[PDB]
A.B. asks: 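So that we are looking at the same thing, I have put the structure below in C-alpha cells.
Residue numbering for chain A follows the PDB entry; the residues present correspond to positions 258-275, 279-299, 301-302, 310-405, 424-533, in that order. Every number for a ligand or one of its atoms is a count from 1 in the order of the listing. Header entry for method reads X-ray crystallography, 2.7 Å.
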Amino acid sequence: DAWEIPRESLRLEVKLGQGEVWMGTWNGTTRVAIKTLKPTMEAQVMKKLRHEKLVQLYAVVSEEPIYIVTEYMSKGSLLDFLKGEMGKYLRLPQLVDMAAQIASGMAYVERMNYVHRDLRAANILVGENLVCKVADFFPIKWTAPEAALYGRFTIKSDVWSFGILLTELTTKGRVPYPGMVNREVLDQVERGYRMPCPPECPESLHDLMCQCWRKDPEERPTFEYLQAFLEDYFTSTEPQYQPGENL
Ligand SMILES: C=CC(=O)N1CC[C@H](n2nc(C#Cc3cc(OC)cc(OC)c3)c3c(N)ncnc32)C1
C-alpha cells in the first residue's frame, strides 16, 4: 500500500507494446514505463525483489484500471536491441558483458530461491550504457526439457534458458534452432542434440552453453558460477581475443 500512487501523477506519452505498456512521466518529474492491464485478474514479488539488474517497480495503482509503474529502459527489449541498428556494432566484449549482467541478476534470483521460468532476450530490457536488466512479463526452444515435459521449473531450468540466451547474444537475436519446428526441437534435444558453435563465437563460450544444456539439471552450473565466468571471460578464458567481422 506504500506503493500506491494517485492516478493524476501519471502521464502516458508514447505507447510501446500490446496489456499495453507506455513510456510516460510520473509526478511530472520522472521518466517511467507504465504497463496497463485491461479490465483479466499481483506483483507482491516486485515489491520484495530489489537488485541492480532486476528492473525496479516504482509505484502501483491497484483498482481497475490497474497501472504498473516501473523504471524506464531506453533501449527496449534486448531482442529488439540485438536485431536493431545497434546489432551491427556489438562485438563479443559487449555481448559477454551483457550476459554477465543478466547472470548477475539471475544469481540474485538464485539466492532468493526464486525461479523465472521465462528467461530469454525478449524478457531482458536494455538501458543506457548497455545496462541490461532481467524482466518478468509457448517457449519450447528456450525451456529446459525436464521443465517442458514434466513441469520441473528449477533455477536449473532457468540456467538452461540462459544457455539459450547466450545463443541469442552471439547470433544477434536469431531464433534458436534455425529451421526446426517446436516438435522437432523437443525430440532432438532428448536424443542429445544441441546447437552448434555460432559463427565467430569462441569454443570456450560454446562450451559454457553446453554446461548449461546438460541433461542432468543438477550438473549445470549455478548463476554464481556463470556470472563469475563471464565477468573474467577475457582475462582467464580468452586472453587472446581478437575482434572479428561480427563478433
Ligand atoms: C510486451 C512489451 C515488451 O516486451 N516491451 C519491451 C520494451 C517495452 N517495455 N516494456 C517494459 C516493461 C515492463 C514490465 C512491466 C511489468 O509489469 C508487471 C513487469 C515487468 O517485470 C519487469 C516489466 C519496459 C520498460 N520498463 N522500460 C522500457 N520499455 C519497456 C515493451
A.B. asks: In this PDB structure, which macromolecule forms the chief contact with ligand 1, named as in the PDB entry?
C.D. replies: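 Largest number of contacts: Proto-oncogene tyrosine-protein kinase Src.
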A.B. asks: What would the PDB label the drug at ligand 1?
C.D. replies: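 It's TAS-120.
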A.B. asks: Across chain A, in which UniProt domain are most residues that contact TAS-120 (ligand 1) found?
C.D. replies: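 That would be UniProt domain Protein kinase.
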A.B. asks: Which UniProt active-site residue of chain A is in closest heavy-atom proximity to TAS-120 (ligand 1), and what distance, to 1 Å, separates them?
C.D. replies: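 UniProt active site, heavy atoms, to 1 Å: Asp386, 10 Å.
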A.B. asks: What is the residue list for the binding site of TAS-120 (ligand 1), using non-hydrogen contacts under 4.0 Å?
C.D. replies: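 Heavy atoms under 4.0 Å: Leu273, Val281, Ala293, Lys295, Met314, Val323, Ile336, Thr338, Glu339, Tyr340, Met341, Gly344, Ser345, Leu393, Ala403, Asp404, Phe405.
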